[PDB]
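A structure with sunitinib.
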Amino acid sequence: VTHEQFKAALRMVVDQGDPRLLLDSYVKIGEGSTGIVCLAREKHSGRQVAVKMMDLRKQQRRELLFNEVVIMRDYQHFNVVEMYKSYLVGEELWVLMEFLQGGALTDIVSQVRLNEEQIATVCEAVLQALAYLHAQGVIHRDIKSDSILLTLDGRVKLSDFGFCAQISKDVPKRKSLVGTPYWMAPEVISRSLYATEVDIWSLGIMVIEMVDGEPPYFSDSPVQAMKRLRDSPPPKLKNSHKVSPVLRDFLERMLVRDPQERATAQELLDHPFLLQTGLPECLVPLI
Ligand SMILES: CCN(CC)CCNC(=O)c1c(C)[nH]c(/C=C2\C(=O)Nc3ccc(F)cc32)c1C
């Protein structure tokens, strides 16, 4: 398929027109796997927006750009990023989304140590989003702290839908090597048939990010870390001695090699660890 044919197929999914003259105050706030994210402002309303800008020509797998629009188009939820509009702008896909002033969990975790109340609050929000998406047959495949954004008041929102898979009656499982190395489930790494369970493993690795500050094997190269995850018992918290038994139990139900024995999102929502959640306000001091 030529670039022009791909762009034409993608055009069927975006809103028509050129958005440029409707926006001002373009400021870059983040780089990404598929493109840049800029803060901007609408003229007619004055509303701040995040504008993700992605070049159709420079993608690992350009078909995944459809996911940058379709998932948020199809799926709305309290803990899922809201999309306003999308456009084709020259040779770029632009996706306009709610501005989340708290930024990404990654930049909190590298800077300040979350307590267990905060970890529980983050996990509960992410699990609500995942329980919902999983029930619609969406496998996120890129759960990690970078995918998690915070509102000003400490509301947690799932983002970064580019790697999503939408399963179906005819294709109920995927087999493709998709994810970010250190967070990928062993069954994805082994190119086994897999489904929504892979997100629960990745969430477990994110819990390790929140406790230790880094995923397991982070000092290894991505391929070496993947071989270790493929071949080893589940990875352990460096700071296992610092965490409550209940958090330990919660994590051990996520980092289970056997994908069928691994807890579902819905099951984790009923876990005693999440009785430790705080009000969204408990994350505001991180922002
Ligand atoms: C000193 C700078 N700080 C720590 C390094 C904060 C850096 N981070 C920031 O400013 C920041 C802010 C304020 N928002 C975002 C990202 C998004 C947003 O708002 N809506 C979205 C919708 C989708 C999406 F995929 C990303 C975003 C970042 C990276």
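Numbering of chain A is taken from the PDB entry, so the residues present carry the numbers 385-671, in order. Whatever order the structure lists them in is the order used to number ligands and atoms, beginning at 1. Going by what the header records, the deposited coordinates were determined by X-ray crystallography, 2.0 Å. Just so you know, these numbers use all the heavy atoms, side chains as well, and skip hydrogens, waters and symmetry mates.
Lab note: main contact partner of sunitinib (name per UniProt) = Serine/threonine-protein kinase PAK 6.
Among protein heavy atoms, the minimum distance from atom 20 (N) of sunitinib is reached at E482 O, 2.9 Å. In the vicinity of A434, heavy-atom distances shorter than 4.0 Å reach the sunitinib atoms 18 (C), 20 (N), 21 (C). Among all non-hydrogen protein atoms, the one lying nearest atom 14 (N) of sunitinib is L484 O, 3.4 Å.
Lab note: closest UniProt active-site residue in chain A to sunitinib, heavy-atom distance to 1 Å, was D526, 10 Å. Proximity of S543 to sunitinib is established by a heavy-atom distance of less than 4.0 Å.
Residues of chain A contacting sunitinib are mostly from the UniProt domain Protein kinase. Atom 2 (C) of sunitinib lies below 4.0 Å from none of the non-hydrogen atoms of the protein. The protein heavy atom nearest to atom 7 (C) of sunitinib is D491 OD2, 4.2 Å. With a heavy-atom cut-off of 4.0 Å, sunitinib reaches these UniProt ATP-binding residues of chain A: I413. Remark: minimum distance from atom 11 (C) of sunitinib to any protein heavy atom is reached at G487 CA, 3.8 Å. An N or O contact shorter than 3.5 Å is missing between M481 and sunitinib by distance. Residue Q485 places a heavy atom under 4.0 Å from sunitinib.
Each of the following atoms of sunitinib lies closer than 4.0 Å to a heavy atom of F483: 13 (C), 19 (O). Remark: sunitinib atoms within the under-4.0 Å shell around heavy atoms of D544 are 25 (F).
In this structure, of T490, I413, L423, the residue bringing a heavy atom nearest to atom 8 (N) of sunitinib is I413. In this structure, the protein non-hydrogen atom closest to atom 26 (C) of sunitinib is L533 CD1, 3.5 Å. The residues of other chains having a heavy atom under 4.0 Å from sunitinib are listed as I413, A434, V465, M481, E482, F483, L484, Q485, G487, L533, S543, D544.
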For sunitinib, what N or O to protein N or O distances fall under 3.5 Å?
unit_1    : atom_1 : unit_2 : atom_2 : d
sunitinib : 14 (N) : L484   : O      : 3.4
sunitinib : 19 (O) : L484   : N      : 2.8
sunitinib : 19 (O) : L484   : O      : 3.2
sunitinib : 20 (N) : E482   : O      : 2.9

